[PDB]
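Working notes for the structure below.
Chain labels are A, B, C, ... in exactly the order the sequence lines appear. We number chain A the same way the PDB entry does; the residues here are 26-75, 87-149, 163-176, 180-201, 219-361, in that order. Residues 98-142, 160-227, 259-269, 301-314, 335-345, 360-464, in that order, are what chain B shows, numbered as in the PDB entry. Indexing begins at 1, ligand by ligand and atom by atom, following the structure's order.
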Amino acid sequence: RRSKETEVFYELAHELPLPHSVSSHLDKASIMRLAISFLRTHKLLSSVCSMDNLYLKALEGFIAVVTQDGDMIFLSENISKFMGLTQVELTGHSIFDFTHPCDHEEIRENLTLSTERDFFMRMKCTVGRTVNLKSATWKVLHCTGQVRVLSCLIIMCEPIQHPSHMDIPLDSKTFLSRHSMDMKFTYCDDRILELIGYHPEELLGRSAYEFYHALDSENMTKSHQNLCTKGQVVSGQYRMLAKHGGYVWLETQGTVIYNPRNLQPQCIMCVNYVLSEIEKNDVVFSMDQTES
Amino acid sequence: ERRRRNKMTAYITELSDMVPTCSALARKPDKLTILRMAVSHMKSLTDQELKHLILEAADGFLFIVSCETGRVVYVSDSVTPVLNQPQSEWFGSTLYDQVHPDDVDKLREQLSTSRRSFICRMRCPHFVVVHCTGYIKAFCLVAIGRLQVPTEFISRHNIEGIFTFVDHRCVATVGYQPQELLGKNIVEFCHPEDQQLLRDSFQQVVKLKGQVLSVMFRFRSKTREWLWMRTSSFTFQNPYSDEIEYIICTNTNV
Ligand SMILES: Nc1ccc2cc3ccc(N)cc3nc2c1
């Protein structure tokens, strides 16, 4: 009778919308978890709608859908690519069991009750490449999505990328820089000069805050706070003052980098994406811009 | 050892009830039958709805562009809710045509001699910041595009009161070009009478770190006219060290 049972389980497992490659290797429990969560997903999708190696591969992050009690009803495949952890390993389980607690309250606040959500969370990563969950590491995800009614969170979890280990090319409109924990410039490359007008030599003593438009300081504050607590951030769009009048728009991804043999923090590395040209050229904002 | 059993049974209930043509029964069937029921039903039933999943969480849309011409090979209809743009417009078109003029060089370099990602302003002369994330494939780019996001004037000072920053509105507010305040201490534009009032005010903002304080005084306009002004300000402390970066004021004509 369990003959019939086990065999029907596996049969079931097979044509869930997944390869028998993975369908094959399931404990009945997983088949359940996944069955249900698959149904729930099709429902919620019906709730919102009233060949895809493209969308999967085009993405440099994955899709999570997570209930209000925190159970992750659905997760896109390529999560394994970014997190190591497979969809199979995860659907149905509590988000809180795979996230750095200390991030849990904040996760709870973005889980409930504008529906736009934008926050950073640390998640368990097990990737050279693959390890096991024993020595798992904390990976920061930028998560952006919408919450929905039930209550329900649909987010895209984008990894921030670690500057020493790139996978994408970089542009001419992108410069790179190093800071103390103070965000004092300690280093900057010589793309600055062409991009905003400073010699790198000039910025060494200087904290980064000297160069933000006042209108952006607090937002930056938020980023800093987060960079430190979590270890990485992507900042919003913000203006940096240029060598003479006016400013250019920017977006900076910051990563705390660690001494490998010391396991202490070292500096902050910043991939700084310049998003514009000097906007106001006529207008002078700070003391340095007045010289000459 | 056996609460395995009771959420296997929880599984069988919970599962059983979202299969409709099974939910529709007064009596609810056995193990295998609920299982094969779900099976055959699933068979009866992850593709473009994925696309809208993208549109809902990320506010994004798919597009393929030839690395050759920059001409748009394909654009997902999700472009329309994102960019307020007809698929029409993006099919006879080149992606260079769809961005900000200043964003062109960047684009030339993302389409040059793997995997790609960048930020650029795309038109809906009105542009929005868009993050495109994709990869190269047989010679093309398959990527996804994603969205997100006078009475007075603001200034910043070092603790001594030297102007270290003014917003351009200063010129309208007090008649001065930024150049004429920047570098000079704020108490110099102050009526001698109110100077102590200004000084002590700085004390209070620094002694008490983080909260805001207001002060009213006469400020020397560029036509040399004493202007009652309220300025209200607080210190800005580094998030890591909590020592004092500088003071932020807002100066509002009264
Ligand atoms: N490259 C960029 C990036 C963000 C921008 C945000 C803006 C907001 C308001 C406005 N009037 C113009 C803007 N221009 C931008 C140009």
- Which listed candidate (dexmethylphenidate, proflavine, hydralazine, propofol) is the molecule at ligand 1? proflavine
- Message: Out of curiosity, which chain makes more contacts with proflavine than the others? Name from the PDB entry, please.
- Response: Endothelial PAS domain-containing protein 1
- Item | Other-chain heavy-atom contacts under 4.0 Å with proflavine | A, B
- Majority-contact UniProt domain of chain A for proflavine: PAC
- Message: Tell me, what does this PDB entry call chain B?
- Response: Aryl hydrocarbon receptor nuclear translocator
- Item | 4.0 Å heavy-atom contacts with proflavine | A/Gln306, A/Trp318, A/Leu344, A/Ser345, A/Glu348, B/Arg266, B/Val305
